[PDB]
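So you know, we letter chains A, B, ... as the sequences are listed, proteins then strands, and number each from 1. Numbering of ligands and ligand atoms starts at 1, following listing order.
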Amino acid sequence: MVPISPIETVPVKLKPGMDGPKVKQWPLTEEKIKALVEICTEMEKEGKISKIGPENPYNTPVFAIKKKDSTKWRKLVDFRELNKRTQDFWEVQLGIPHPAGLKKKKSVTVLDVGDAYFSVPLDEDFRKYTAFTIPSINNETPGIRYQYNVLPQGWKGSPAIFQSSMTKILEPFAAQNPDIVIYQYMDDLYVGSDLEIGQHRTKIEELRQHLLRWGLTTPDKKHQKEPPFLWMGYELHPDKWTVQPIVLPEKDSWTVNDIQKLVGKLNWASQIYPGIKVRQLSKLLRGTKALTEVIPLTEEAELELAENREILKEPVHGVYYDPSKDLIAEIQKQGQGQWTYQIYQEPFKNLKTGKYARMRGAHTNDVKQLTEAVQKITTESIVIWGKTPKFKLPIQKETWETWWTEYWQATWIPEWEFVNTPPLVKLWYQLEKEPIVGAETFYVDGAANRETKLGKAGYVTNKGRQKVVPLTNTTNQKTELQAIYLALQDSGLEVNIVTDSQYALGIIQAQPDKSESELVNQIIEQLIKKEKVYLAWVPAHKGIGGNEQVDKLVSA
Amino acid sequence: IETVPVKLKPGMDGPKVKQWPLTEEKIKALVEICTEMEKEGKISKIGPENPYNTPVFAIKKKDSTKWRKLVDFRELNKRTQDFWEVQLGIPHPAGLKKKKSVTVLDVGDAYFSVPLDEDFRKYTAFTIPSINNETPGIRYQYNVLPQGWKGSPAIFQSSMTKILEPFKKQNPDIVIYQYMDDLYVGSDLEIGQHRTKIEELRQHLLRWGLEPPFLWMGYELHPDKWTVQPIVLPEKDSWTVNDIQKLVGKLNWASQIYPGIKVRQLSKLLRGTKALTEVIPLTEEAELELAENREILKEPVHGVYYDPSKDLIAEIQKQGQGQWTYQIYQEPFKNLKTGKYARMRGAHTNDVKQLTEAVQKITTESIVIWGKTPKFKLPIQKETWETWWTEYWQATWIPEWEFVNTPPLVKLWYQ
Ligand SMILES: Cc1cc(/C=C/C#N)cc(C)c1Nc1ccnc(Nc2ccc(C#N)cc2)n1
Ligand SMILES: [Mg+2]
């Protein structure tokens, strides 16, 4: 015999304070029992399970399934209860590689390592918790009690311990063969390289010899699986990648579930298909949760769907990452808070695409949204490629500088360049820093009665111009905004406005260009038409003249 | 050499904090650092039966091209027991803030000489991520006291006290204060002497060491010169209606801090509905009220005390042209320190680098004055801060922070 190196066992514990499972074995038909007895006799012969005495108090139910081959029965040990009681593990699968971050490979060979899958030893002290019982024929003898000596399929810790054990075995080979890549998925090893095919196959033979040191045998035939690979919703080819075929169904009526599946397929396609949009389709799911409910599609949703079908009408492929070249990220504004981007290194060959949507909120502007999209893409790029791309943005350098130097928050976007492709992001208005000489001064105020929801909004000015408007179904805050709106509608191109509304100042100082409040949108549309606006704040109820007069007129 | 038992707070599990994305440069640096540490026995590889995690990254300290490993133990530090057994706590030295020079030394390397309780090691687990998650992350745990863990100075205290005894006896007027991995050394000497006493101090730890990669460095502070920012009102010969309105606004705000502030006479100058740029002569009544307000503002605030059982809160405002104002308090309107910065190093085009250096400076001042870090309210969107702060960090500690999304009117009053 050739001595094999053993796989060290991972020590496993139950969660603090919990004991093992003690679950009743269900009754089974005489036919299923015979099937389980034969199956387990072979598993015992292979070393995977071991017959036990009656002292062990633990138990997990075992079932027989069938339907795969000659309708022959299969075996299923239901570890749901043990899983609840088993400690948490470190999971490595949580991070899936993105295809756009992979490198081009000349050759990728697949090896089957499923013999290893069911041969990793289980911590000796934990085996007792895996006990199960095959019921006896007619319940006239004790059932056949057993326990697992190997990582049990269906047990919480088996995937993590298998991956850790294989990674430990492969680490020396990979470190000493830096001209290949190795990736484990399920019961397969994928080995890629750029070597000529003879050297590549040699490395594969060397990898097979390395695995035999731990007693791990690999099928000596050609693995069925060959490029392209269907993996995690992708198609991987040697020099290109794409998402698996995206087929949008035809339907005369759509249910909530239908739209959820459409949005899923569109979101998935958004990583390589440029310009996918889902706003109007996702709007149809707002606040609803009846999966069988049929929603009529807006004309807005029908155009968006029609535009998506056009984008999806033929296959689009992405390229892989060349580390010797810079990454470029280009962003476009799409409307309604939607942004789309492409990341590429060579012109016209995207590594990946994507989209960003405005966050829910009362007020917003294009510059903030663009900034947010940049920070999203930067973080995504760090994960996939480990570096920040150079950005191409539809915003003029001078617009950005005016924005960040005068914005009340700190803000920053990394190395970028203006790309002149409309619609451009711009600043629609800019408040003055100093009062305007020669411009009429409007002192504005509003007030409402909290019970009757009646109010007044108005202004008085230095030229003797005045207005008070009575309002219904309003609040103090709305009347504060209405008063500012009135001063804007009634002034010339340059105007000073004095308010005591902290609420209104907080909104305008956030510089929205679009709002959930139609009253704020009306103010914004007025501000855009002015040439100069100075907005001044004073404290209420302090005898500040001008202020004092109009608060009296409006609180009456 | 034999370990101090450590445990977590009651009813409290270990940290399970996601590793955030790291740049290729930081990963390569961490791989090199951790490979060496593993060979020297400071850390060991761990298996999947350890589900804990603390984020890690790397920093290039001021005036050094060597990368330093920084573990973000904020969550572990919250979850670790309080060490009120070694001492009820070392009374914060109030003289440290009064020395003309204080040098900050990185002494964290000394901690690696003390083993860590084998029953606690699992909670210091961390991961070196791979680009694109193409290979499994490298998982380690510490075998020795880690840099950045609040237990490290507590457990090493007894050893630090005896290493430093010869230097302290021989230099009794020196104030030495330890905060986490930092040693703060304050003297009233001329700087040349100061720098030579600092170097004297280095060789006590070199001697004892027998090499630490960052002990040679020296961050020099001068807390006796640290400036504060009282409330001042303009002195003008010509007041416009706008100037008087801004004055009345500022005085109304100041009257939440200072009781006897009055604006009646100044607000009656705003008598009518005048153009904002119109000049208003002050009445005698208004001049008097203004002068009385000025003299009130020259006094300290009433009822301001530090309470060590309460959090310090630091607020920061962006004032433009590289200027930032800040206030530290525990109770609103009861500022314990206010200040203003303008020397934003190498960041005239980068708001976020400036803000990050302000946060570090305010934390340093906080450690020197009270011996703990403040909780920040930052004028920045969370996403922007989370994406860039680590690129500009040069400190070995990390404070807590929250984000301000609504613009304060108070910005105007601290300008
Ligand atoms: C993540 C991953 C999944 C699969 C396979 C999953 C499956 N099924 C196979 C391999 C080898 C990898 N590993 C890596 C690592 C770095 N670059 C690459 N490039 C790369 C991989 C495959 C093809 C192809 N065809 C082309 C390039 N692969
Ligand atoms: Mg009012």
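The largest share of close contacts with ligand 1 comes from the chain named in the PDB entry as Reverse transcriptase/ribonuclease H. The drug observed at ligand 1 carries the PDB name rilpivirine. Contact chains for rilpivirine (heavy atom under 4.0 Å, other chains only): A, B. For rilpivirine, the polar-atom distance check finds no N/O of A/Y320 at less than 3.5 Å from any of the ligand's N/O atoms.
Every atom of rilpivirine is numbered from 1 in the order shown, and the set under 4.0 Å from a heavy atom of A/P97 is 1 (C). The PDB entry gives chain B the name p51 RT. Considering backbone and side-chain N/O atoms, A/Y185 never comes within less than 3.5 Å of an N/O atom of rilpivirine. Counting the atoms of rilpivirine from 1 in the order shown, those under 4.0 Å from a heavy atom of A/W231 are 6 (C), 7 (C), 8 (N).
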